[PDB]
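Structure with asunaprevir present.
To match the PDB entry, the residue numbers of chain A are left as they are there, and the shown ones run 989-1180. Whatever order the structure lists them in is the order used to number ligands and atoms, beginning at 1.
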Amino acid sequence: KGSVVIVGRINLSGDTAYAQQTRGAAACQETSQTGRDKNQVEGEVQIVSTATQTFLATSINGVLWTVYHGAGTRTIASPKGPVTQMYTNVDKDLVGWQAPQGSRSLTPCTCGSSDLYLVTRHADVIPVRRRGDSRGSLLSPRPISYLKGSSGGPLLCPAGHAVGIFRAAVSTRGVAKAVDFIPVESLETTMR
Ligand SMILES: C=C[C@@H]1C[C@]1(NC(=O)[C@@H]1C[C@@H](Oc2ncc(OC)c3ccc(Cl)cc23)CN1C(=O)[C@@H](NC(=O)OC(C)(C)C)C(C)(C)C)C(=O)NS(=O)(=O)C1CC1
Ligand SMILES: [Cl-]
Ligand SMILES: [Zn+2]
């Protein structure tokens, strides 16, 4: 069992969101096994990988957060070797490590906005209407396949603050009409 490896990143700053791949699937074996990753981290959102699966991780308040169902209890690879998890909550599906040096963190939202935006692993930014503490509705339904690999990514408010971490798709016969997320307030409670 190896470390989670950063294989890309998503930029949310400036005027244009974009994805950049920094490491190929072939291969992350050495980095996985050793937990030593030479690459200097950038950006707010990391594209991360285990042996055969990819997902996202988001820096908020100096902690790099992701989903347990992706990371498990794994360390994350870094230039100084494997980094042990700071936070682990299986009930919430939540993992956090100390944010990598050179990372930019998002600020938790206190706007109270109903209009949210989900950032996918391809750096698509899709509108979500908030509908409860941990739920939002997609304005356009999407096959679940479209959202697979985007867990751990941010839901943002219009000003680009973090509102939550994408956890699960609300699936009706293989089609997502809504998304379930870990709200930033819940991240705060975990940090208590
Ligand atoms: C389609 C894209 C969705 C965003 C995505 N997440 C999913 O697949 C999640 C995983 C799983 O949920 C949970 N696991 C473990 C938990 O704890 C450890 C949970 C604790 C609390 C809650 Cl809430 C959920 C938990 C089931 N699930 C669904 O989304 C499921 N939906 C779901 O369960 O919906 C309800 C929550 C509303 C029931 C289903 C599979 C049916 C869509 C993804 O992309 N993953 S991934 O590919 O990146 C993978 C990391 C590599
Ligand atoms: Cl890397
Ligand atoms: Zn806000």
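Copies included, the model assigns asunaprevir to ligand 1. The main partner of asunaprevir in this structure, judged by heavy-atom pairs under 4.5 Å and named as in the PDB entry, is NS3 protein. On a distance-only criterion, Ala1157 and asunaprevir share at least one N/O pair closer than 3.5 Å.
For the pair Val1078 and asunaprevir, the shortest N or O to N or O distance falls below 3.5 Å. Checking only distances, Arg1123 never comes within under 3.5 Å of asunaprevir, N or O to N or O. Geometrically, asunaprevir and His1057 share a nitrogen or oxygen pair separated by less than 3.5 Å. Proximity of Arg1109 to asunaprevir, defined as any heavy-atom pair under 4.0 Å, is not found for any part of the residue. Considering each of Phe1154, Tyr1134, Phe1169, the one bringing a non-hydrogen atom nearest atom 4 (C) of asunaprevir is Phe1154. The shortest N or O to N or O distance between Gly1137 and asunaprevir is below 3.5 Å.
Note: an N/O pair closer than 3.5 Å links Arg1155 and asunaprevir by distance alone. Counting heavy atoms closer than 4.0 Å to asunaprevir, residue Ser1138 contributes backbone atoms (N, CA, C, O) but none from C-beta onward.
Here no covalent bond ties asunaprevir to a chain.
For asunaprevir, the heavy-atom contacts closer than 4.0 Å come from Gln1041, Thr1042, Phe1043, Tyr1056, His1057, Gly1058, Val1078, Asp1079, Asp1081, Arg1123, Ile1132, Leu1135, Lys1136, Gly1137, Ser1138, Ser1139, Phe1154, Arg1155, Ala1156, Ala1157, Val1158, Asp1168.
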